[PDB]
**Student:** 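Supplied in structure tokens, the structure appears directly below.
Positions are given from 1 along the sequence. How was it done? The header gives X-ray crystallography, 2.0 Å. Counting starts at 1 for both ligands and their atoms, following the listed order. All values below were derived from every heavy atom in this structure, side-chain atoms included, with hydrogens, water molecules and symmetry-related copies excluded.
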Amino acid sequence: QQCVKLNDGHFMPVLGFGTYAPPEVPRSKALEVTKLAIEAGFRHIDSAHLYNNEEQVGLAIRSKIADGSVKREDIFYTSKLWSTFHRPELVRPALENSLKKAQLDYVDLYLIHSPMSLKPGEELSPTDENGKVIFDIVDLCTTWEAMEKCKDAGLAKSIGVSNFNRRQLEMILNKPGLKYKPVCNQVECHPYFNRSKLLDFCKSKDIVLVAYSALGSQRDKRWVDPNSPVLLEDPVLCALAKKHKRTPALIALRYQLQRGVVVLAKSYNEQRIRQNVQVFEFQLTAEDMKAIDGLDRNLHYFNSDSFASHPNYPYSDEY
Ligand SMILES: NC(=O)c1ccc[n+]([C@@H]2O[C@H](COP(=O)([O-])OP(=O)(O)OC[C@H]3O[C@@H](n4cnc5c(N)ncnc54)[C@H](OP(=O)(O)O)[C@@H]3O)[C@@H](O)[C@H]2O)c1
Ligand SMILES: CCNC(=O)CCC/C=C\C[C@@H]1[C@@H](/C=C/[C@@H](O)CCc2ccccc2)[C@H](O)C[C@@H]1O
């Protein structure tokens with residue numbers, strides 16, 4: 001397992017474990033799978049306030065340190081600030097609670113989960129009588145400045161963003177008095193949505209692209225595009241799998257690794273968890289890479305169309 005140096009000087013394992021699982025999955029599973037992930041070789045763990053699993057994931061991390069398997073410095077742990085906590089005065093308090101939940105002194109990375117602000121309050125998804133999500137209006141530069149203060153204090157080793165498009169990134173990059181550039185931009189990235197233009201832009205600013213839904217997505221009927229094709233069923237990925245004697249998932253992950261993208265992989269299956277670390281055991285040829293590049297269809301699995309009205313909807317621009 002290799003790492004990538006952040007514009008922070010910090011190192012980020014290029015292979016990360018995705019801890020999100022739908023609410024139907026017992027909260028107890030997050031604890032077991034994260035430990036299995038660690039034992040399998042994962043050193044980068046991705047969590048968030050939205051996942052409602054920080055206590056478990058954090059406990060899983062501390063259990064692996066306690067049993068002497070790893071050192072805190074060996075694990076790269078990240079959490080995120082939910083959209084209902086974008087308001088400046090709510091940022092540090094959010095990070096501290098996340099730290100308390102995980103029982104950690106610092107988070108390796110803290111991200112602004114999404115540029116789309118939501119009504120502050122208790123609800124993760126505040127909605128009106130019509131089931132419509134209530135938006136909020138916040139200057140993300142102030143959210144970022146609060147983010148910087150958390151790094152100043154040592155609560156976060158690095159800080160970055162997620163789901164930002166070029167315009168939104170430039171906004172932070174061009175902010176006067178900027179103290180810290182985001183070390184990354186975690187976005188949806190897979191062969192059907194390879195984000196080539198955004199990727200090249202991020203590299204030009206020394207911002208690493210971290211891919212999520214890299215194995216497709218979990219395809220939750222509540223949140224996925226019903227008409228979207230199944231990535232792991234792709235005939236090209238499957239042909240490549242056969243050629244390399246690997247799996248479509250391994251092919252999709254390796255693709256990201258070779259174009260300089262940090263890849264996340266969520267699995268709550270012990271055998272698939274262990275299979276996923278095999279992404280380091282082989283490599284795709286330039287022609288393999290070329291064929292995969294051609295699969296891009298600007299497809300995002302998240303069925304967000306109903307939020308395109310949000311002024312900060314990231315998918316309104318080319319990239
Ligand atoms: N910031 C954001 O907006 C955002 C959005 C979405 C996700 N994320 C993060 O990124 C992670 C990954 O994204 P995602 O949740 O869409 O998941 P994903 O990694 O695209 O999910 C892959 C799905 O494929 C299956 N899988 C895993 N390894 C496999 C293998 N070797 N062969 C065949 N199937 C395999 C898994 O099912 P099994 O569990 O059955 O193995 C899993 O549900 C999340 O856990 C989360 O931490 C961030
Ligand atoms: C467009 C790019 N994606 C983004 O920014 C991130 C969108 C939020 C993260 C994940 C998408 C959904 C989650 C849905 C959450 C909704 O309740 C709130 C969505 C929302 C609407 C308006 C403003 C902020 C958030 C669900 O838990 C599982 C599924 O994965």
**Student:** Drug at ligand 2 - which one is it?
**Tutor:** bimatoprost
**Student:** Which chain contacts bimatoprost (ligand 2) the most here, in the terms used by the PDB entry?
**Tutor:** Aldo-keto reductase family 1 member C3
**Student:** What residues sit within 4.0 Å of bimatoprost (ligand 2), counting only heavy atoms?
**Tutor:** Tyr20, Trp82, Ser83, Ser114, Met116, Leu118, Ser125, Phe135, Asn163, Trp223, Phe302, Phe307, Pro314, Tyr315
**Student:** So, for atom 17 (O) of bimatoprost (ligand 2), does the protein have a heavy atom nearer than 4.0 Å?
**Tutor:** yes
**Student:** Which residues listed in UniProt as substrate binding sites of chain A come within 4.0 Å of bimatoprost (ligand 2) at the heavy-atom level?
**Tutor:** none
**Student:** Which UniProt NADP(+)-site residues in chain A are within 4.0 Å of bimatoprost (ligand 2) on a heavy-atom basis?
**Tutor:** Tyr20, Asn163
**Student:** Which of the atoms of bimatoprost (ligand 2) are close to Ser125, meaning less than 4.0 Å from one of its heavy atoms?
**Tutor:**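 Once the distances to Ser125 are compared, the set is 17 (O).
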**Student:** Can you pull the source organism for chain A from the entry for me?
**Tutor:** Homo sapiens
**Student:** Give the atom numbers and elements of bimatoprost (ligand 2) that come within less than 4.0 Å of a heavy atom of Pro314.
**Tutor:**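 That gives atoms 1 (C), 2 (C) of bimatoprost (ligand 2).
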**Student:** Could you tell me the residue and atom name of the protein heavy atom closest to atom 25 (C) of bimatoprost (ligand 2), and the distance to it rounded to 0.1 Å?
**Tutor:**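 Of every protein heavy atom, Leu118 CD2, 3.9 Å lies nearest to atom 25 (C) of bimatoprost (ligand 2).
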**Student:** Which residue and atom name correspond to the protein heavy atom nearest atom 8 (C) of bimatoprost (ligand 2), and how close is it?
**Tutor:** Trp82 CH2, 3.9 Å
**Student:** Could you tell me the residue and atom name of the protein heavy atom closest to atom 10 (C) of bimatoprost (ligand 2), and the distance to it rounded to 0.1 Å?
**Tutor:** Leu50 CD2, 4.6 Å
**Student:** Among protein heavy atoms, which lies nearest atom 23 (C) of bimatoprost (ligand 2), and at what distance?
**Tutor:**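 Here the nearest protein heavy atom works out to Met116 CB, 3.3 Å.
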**Student:** So is there a nitrogen or oxygen of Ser114 less than 3.5 Å from a nitrogen or oxygen in bimatoprost (ligand 2)?
**Tutor:** yes
**Student:** Just to confirm my output: which protein heavy-atom neighbour is closest to atom 28 (C) of bimatoprost (ligand 2), and how far is it?
**Tutor:**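 Looking only at protein heavy atoms, the one closest to atom 28 (C) of bimatoprost (ligand 2) is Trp223 CD1, 3.7 Å.
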**Student:** Could you tell me the residue and atom name of the protein heavy atom closest to atom 27 (O) of bimatoprost (ligand 2), and the distance to it rounded to 0.1 Å?
**Tutor:**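 So the nearest neighbour among protein heavy atoms is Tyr20 OH, 3.9 Å.
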**Student:** Which protein heavy atom lies closest to atom 7 (C) of bimatoprost (ligand 2), and at what distance to 0.1 Å?
**Tutor:**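 Nearest protein contact, heavy atoms only, for atom 7 (C) of bimatoprost (ligand 2) is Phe302 CE2, 3.7 Å.
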**Student:** Help me out - nearest UniProt active-site residue of chain A to bimatoprost (ligand 2), and the heavy-atom distance to 1 Å?
**Tutor:**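 Going by UniProt and non-hydrogen distances, it's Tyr51, 6 Å.
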**Student:** Tell me, which protein residue and heavy-atom name are nearest atom 6 (C) of bimatoprost (ligand 2), and how many Å apart are they?
**Tutor:** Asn163 ND2, 3.3 Å
**Student:** Which other ligands or ions, listed by number and name, are under 4.0 Å from bimatoprost (ligand 2)?
**Tutor:** ligand 1 (NADP nicotinamide-adenine-dinucleotide phosphate)
**Student:** Under 3.5 Å, N/O to N/O: give me all the pairs between bimatoprost (ligand 2) and the protein, one per line with atom names and distance.
**Tutor:**
| residue | atom | partner | partner atom | Å |
| --- | --- | --- | --- | --- |
| bimatoprost (ligand 2) | 5 (O) | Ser114 | OG | 2.7 |
| bimatoprost (ligand 2) | 17 (O) | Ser125 | OG | 3.1 |

